[PDB]
Every structure is written in structure tokens, then in C-alpha cells.
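Here, CB3717 is shown bound to Thymidylate synthase.
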There are 2 protein chains.
Amino acid sequence: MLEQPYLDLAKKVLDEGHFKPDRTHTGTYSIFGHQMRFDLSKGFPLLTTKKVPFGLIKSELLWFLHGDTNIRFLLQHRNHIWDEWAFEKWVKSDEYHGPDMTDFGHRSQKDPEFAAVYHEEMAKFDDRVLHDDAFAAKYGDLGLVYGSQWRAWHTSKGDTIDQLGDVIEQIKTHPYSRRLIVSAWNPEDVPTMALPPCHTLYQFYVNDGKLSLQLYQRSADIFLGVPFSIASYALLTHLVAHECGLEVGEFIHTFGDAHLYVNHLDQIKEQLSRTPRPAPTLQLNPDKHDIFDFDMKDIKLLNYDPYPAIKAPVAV
Amino acid sequence: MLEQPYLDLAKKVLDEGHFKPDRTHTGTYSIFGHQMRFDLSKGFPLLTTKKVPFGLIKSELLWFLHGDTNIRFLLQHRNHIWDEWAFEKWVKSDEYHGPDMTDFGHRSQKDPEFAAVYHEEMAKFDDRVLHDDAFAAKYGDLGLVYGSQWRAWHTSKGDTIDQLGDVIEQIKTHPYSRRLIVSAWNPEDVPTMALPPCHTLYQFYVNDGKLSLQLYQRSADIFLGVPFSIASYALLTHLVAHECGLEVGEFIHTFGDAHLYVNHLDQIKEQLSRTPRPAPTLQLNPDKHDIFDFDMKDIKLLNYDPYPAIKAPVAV
Ligand SMILES: C#CCN(Cc1ccc2[nH]c(N)nc(=O)c2c1)c1ccc(C(=O)N[C@@H](CCC(=O)O)C(=O)O)cc1
Ligand SMILES: C#CCN(Cc1ccc2[nH]c(N)nc(=O)c2c1)c1ccc(C(=O)N[C@@H](CCC(=O)O)C(=O)O)cc1
Ligand SMILES: O=c1ccn([C@H]2C[C@H](O)[C@@H](COP(=O)(O)O)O2)c(=O)[nH]1
Ligand SMILES: O=c1ccn([C@H]2C[C@H](O)[C@@H](COP(=O)(O)O)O2)c(=O)[nH]1
């Protein structure tokens, strides 16, 4: 079945995984070095053994493709994935008036009295952002994030570089290039950055008419962190191909520290019992071509037959 | 045997390798996505089925570790690997007086009348550099090269960042970090650069007391390009460990486009006949610790028993 590699990776870590403490102190079964591949021309590698929200993936990927970093677009799409990174500033501000949100993520992990206020103040910030146009401009904009990294590489002399764009250009002008790299790691922002990018760098490859891509990520939270990574990066491969007129090939996913949090194991042993069902089919709008405007209804997911959702706890 | 993975990779490309044209127009059997590992605590992965010059590797690696980019150090060590990248400027200059060296690399590939003059002018430039102190300052300095990338990351506001240093610092202050990355890919230099770095990015990993490293390279000239890459990056793993007081673990080598030039096949089929002999032993000076001054005689290679040298042609 199409997703097997991920179940094998999960399985693997569970066995030969070694214990490793965490920054956000927990334990983790970890492995260093691993590659898995999926032939995109055989189905979309969207996990069927667990409910995965393609809606979240798409909207998020379009945000990235717009080089947009303001949280407004995501909320607009009922997407809240990155909210916590905005809230961390809103609260660490002079304007913040209210429930001392210090370490709110951890306190809500088990959520006692802090629970309500945190999630209540959350509605606040998102209400503020979504409508207060100026608030959005200050607190909604995350700054350095995949989109700005991808399409707005802050140079040494003020100008901006659109890596992704100039890359598709590269694929078009001369596809057989070993220089099709889109780096997200900048040495000067990483030390003073909330969360250095996980999906660090990706390289495309054109041969026999098909487009293949390789994603390198220094860290991998296998339970909930990998199933999104796979899909999103498999989606980018159809978009580029469709843009450049290439037939989609296969997506390769290489990991630095691949791991399973110590408080995720029950849930993962649980998943390993179900058997994968036929891979979902991705459908792409034939009319529009400039992927940079390939909005929500331009990407359609056909016949996804997932196993129920397995809840787990945020890694704080 | 220790090197098997490389012979398997060679073997692989020869079989399921697909044809691919080149920038420097030749043909190439290519594969996209591949990882191979070596347990450094079992021997030094220095190929025994072909003579590999450890001298060249060391001197070159120390140049890198000094953040030095001037070709003087290399010539000083009887090392000429990077010369061609210096000559390309010396000749593309107002000062150049003599044999129009245009495309000298290609013309010398089959070397007719151009042969002598090119190699003669080469002695010239290197004689100039090695002794003419000021000449060295202008034409010897390559500018953007692994060393300066590693230890002199040109920031947005003039200052310089020593990635490698701050990284060993990271390994020391807190080893269990998934953020130990040393990137060599800079989005703004790559488009106006002679040869964008191949060995693009490497991440270390500390666990169970051992240091493991993963090297990502977008391109791999398997015949002569990989056997150096393996060794050099395996050497860096002993140096860091020895510096940080860690036991060496294993080195992981991941490739973007791994390939075998169409005019290298005979030589590679040739190699695949010999059987690997016990791996060489690396010896490290116990006294000095600051790897940045771990000079030539501080690294010793014990009992290397290689098969004879298989000549091949430079990929122009
Ligand atoms: C990926 C990504 C972007 N993100 C953000 C993101 C940011 C930092 C991180 N940090 C750590 N340590 N682990 C992570 O998984 C992680 C993920 C996500 C955010 C939420 C869910 C989610 O809604 N629920 C999960 C699993 C349930 C849970 O564990 O709470 C789901 O299965 O849908 C998934 C991904
Ligand atoms: C690696 C590296 C740095 N380099 C530079 C370097 C730079 C650009 C490149 N470009 C291309 N296309 N292929 C390469 O192998 C390559 C290598 C090297 C330079 C010379 C030898 C060498 O002296 N001889 C070889 C093989 C003989 C041959 O093919 O000519 C040997 O086996 O020692 C090896 C590596
Ligand atoms: O998109 C993301 C963001 C985070 N993480 C994981 C990686 C780690 O498991 C943890 C963050 O700690 P660091 O890797 O940054 O050290 O979150 C992911 O898997 N995917
Ligand atoms: O250290 C090096 C330098 C170059 N090459 C190879 C990579 C390619 O095979 C060719 C250069 O073409 P590009 O990959 O840069 O496109 O040289 C190596 O293997 N190692």
C-alpha cells in the first residue's frame, strides 16, 4: 500500500528507537537518518489509517505559496495551526492586558484554571486580528516563516529573493539541473527564532519527464508532525509539475532526528493495527496555471477513505 | 565490509541508473534520493578498492576548518584541487598576458597544443601565488568557499557568523539538540557563483554518548566525487567528537542526484571486481583539543591497504 513506508518508520522507531530527552522536556524514541519514498503517480500519500485534515494542509500551503506570513489568511480559512506563535508576542507586549499567559501552552496541556482564560484570550486575539486591520499588521505578521523564507529571502543589501519562483524558472529554462534547491535555513535568524524551520531544504529533480522532490527535515515528530509533512510536500510536487507542464513523479522524505514522543506510543501502537485502504486521488484544476493563485477550490481530493481520528497531546 | 554501501550505490546506479544529459555536456546514469551509512567506530571508511589520497583530504579539511579560502594554504601543502577556480579569474583579468586560456579545462581534457601552455601557465599562477604575497591576496582568495561559508557567514549587516564554532558550542552546552545544522547554501551567492556547494548541509546528532553526522549533497559524481566526500566528512566526525569529548558514532551520506558519468563506466565496472580489504584505522593526537589547530601530523592513518589507482577523466 502507498503509505506503508510511514508505518514502517513508525514501527521502526518503536523497536530500534533509542530514548532521548527533549528541550520541552519529555522523552522520545529517536533515530538519525532515514529516507522513505512514495510514487505520486500511484495515489496521494494522504494517510488512510488516521484522519488527516487536507483542508489545513491546502490553506497552509497556499499561504506559503503567497509568501504571506500574516496569520490573517489562515484564520480566514478556519485554520489556526500557527496561532500560538502570534499569541506568544501579543502576550509578551505592553498592550497585553489580562490573564498572565506565561507558559500557556504547557499549562493548557493539562488545562485547569488556566484553560478557559487561555482559550478565551485566544478567541480575543484572533477576533482582534481577523477584523482590526492594524492589529493584524503588528501582531498577526510572524515575520520569518516558510512563505517569506521561500519568496522573500532577506539579502545582505535590502533586496528580496523569491527562491521558489526563480527555481520554477530554473526547472522551466533547464529542468535537468542539480541546482534546484529551495533552502529555508538562514544562519542569522535561526539563533534568534521561535522555531527554526523543520522542513529545512528541498530539491526538485526532472528526468524522464517526471518531477520528483526531496525534503530534508532536521526533526520529525512522527505521530502528528510527519503525516502533515508528507501530504503538504506531496501537494507541492503536483502544483509545480502542473505549473511547469511536467508529469508528477515521486516524493522523497529524508529525516534528521526522526522520533516518537514517549507520550504518544499508545496511540501509535493503536494505529499499527489497522490496514491501509486505497490511496486518495488528487484532482487538479486544468485551467489555471500560475500556481501562485491556485486557490482552495483549484485542488480537489477524490475518494479519501480514512480510519477514525486518533487524538494525542501537543508536544508543548 | 565497511565500504560496501558505496560499491552497492555504484552497482545500483549502473543498473537502475537512468540516462541524463549534463551542463558540461556528457551523459550520466543518475538516481535521485539515497542514504548510506558507515559505523565509524569500526574503521575509517577510506576506500580500499581504489587508491584514495588522504593527504589531499586532510589538508583540504584543515583549510576548511581555518575558514581560510586563499589557495596559498593548499599549494603550501602540495594540494592543487581548487586551483582551476583561481585560474579562471587570473585569466579573466586585465593582468593576464599570454595564451588565451578560454575553456582551458575542456581543451586540456584531450590536451593537444593547448596542453603545454595551460599546464605551463598553471605553474606560473601557482608560482606567482605561493610567493607573490599581494598576488595571493587578489587572485588566490576564492571568496565564497566552504571555509568562509562555515566560519564566515556573510550577514545582512556586515558582521560575520562562525556556524561551525557556534555549533560545537551547541553540542557542548546541550548535545541532545536537533538544531545542530551547518548550512553552506546561501540563496544570494548561488546564482552568481562558480560552483554552488555540493555538500550543501550537515547535521550532527548526539545520543548514547556517540556523535553521528548527516551530510546532504545535491549532486554526486560517484566515481571520483563520492570517495573524497565520504572520507572528509567521516574525518570531521572524529575531529568534532575529539574536540567535544564524544565517542564517534556513524556518518550518514544522503544524496540528491547521485550519478555516474557516461565516460566513467569502464573504470567503475573495473573496480567492482576487487574485494574490499579491512578498513584503515584513524589515529588522533590526544594532546591538542582545539580542532581549529589540529594540523597535518595531528591526524594519522594506520594500516591502509588499498587496491591500485584507477584513473578516469575530469568532468570538465
Ligand atoms: C504538522 C504540523 C503543524 N502543526 C504545528 C507544530 C509546531 C511545533 C511542534 N512542535 C512539536 N514538538 N511537535 C509538533 O508536532 C509540532 C507541530 C500542527 C499543529 C496541530 C496539529 C493537530 O491539530 N492535531 C494532530 C494530533 C493531535 C495532537 O497531538 O495534539 C492531528 O493529528 O491532526 C497537527 C500539526
Ligand atoms: C572530490 C573532489 C574535489 N575535486 C574537485 C571537483 C570539482 C568539480 C567537479 N565537477 C564534476 N563534474 N565532477 C567532479 O568530480 C568534480 C570534482 C577533485 C579533483 C580531482 C580529483 C583527482 O585528482 N583525481 C581522481 C579521479 C581521476 C579523474 O577522474 O580525473 C581521483 O580518483 O583521485 C578528485 C577530486
Ligand atoms: O512543522 C513542524 C514543527 C515542529 N515539529 C516538531 C519537531 C520537534 O519534534 C519539535 C520541535 O523541537 P525542535 O526540533 O525544534 O528542537 O516539533 C514537526 O515535526 N513539524
Ligand atoms: O566537491 C565536488 C564538486 C563537484 N562535484 C560534482 C557534482 C556534479 O557531478 C558536477 C557539477 O555540476 P553541478 O552539480 O554543480 O550542476 O561536479 C562533486 O561530486 N563534488
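Simply put, chain letters go A, B, ... down the sequence lines. Residues displayed in chain A correspond, in order, to the PDB entry positions 1-316. The numbering of chain B matches the PDB entry: 1-316, in order. Whatever order the structure lists ligands and atoms in, that order sets their numbers, starting from 1. Heavy atoms only: backbone and side chains are in, while hydrogens, waters and symmetry mates are out.
- Counting every copy, the structure places CB3717 at ligands 1 and 2.
- Other chains reaching under 4.0 Å from CB3717 (ligand 1) with at least one heavy atom: A.
- Between A:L195 and CB3717 (ligand 1), no N or O atom pair is found at a separation short of 3.5 Å.
- If you look at A:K311 next to CB3717 (ligand 1), there are no close heavy atoms at all, none under 4.0 Å.
- Taking atom 10 (N) of CB3717 (ligand 1) as the reference point, the nearest protein heavy-atom neighbour is A:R23 NH2, 4.1 Å.
- Distances shorter than 4.0 angstrom do not occur between any heavy atom of A:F223 and any atom of CB3717 (ligand 1).
- One option in A:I57, A:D221, A:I81 has a heavy atom closer to atom 3 (C) of CB3717 (ligand 1) than any other, and that option is A:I81.
- Assignment of A:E84 to the shell around CB3717 (ligand 1) is not supported, since no heavy atom sits closer than 4.0 Å.
- When heavy-atom distances are rounded to 1 Å, the UniProt active-site residue of chain A nearest CB3717 (ligand 1) turns out to be A:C198, 6 Å.
- Nearest non-hydrogen protein atom to atom 30 (O) of CB3717 (ligand 1) is A:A312 O, 3.0 Å.
- Per the entry, the organism of origin for chain A is Lactobacillus casei.
- Only the backbone of A:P313 comes within contact range of CB3717 (ligand 1), with a heavy atom under 4.0 Å; no side-chain atom does.
- Binding site of CB3717 (ligand 1) at 4.0 Å (heavy atoms): A:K50, A:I81, A:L195, A:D221, A:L224, A:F228, A:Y261, A:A312, A:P313, A:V314, A:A315.
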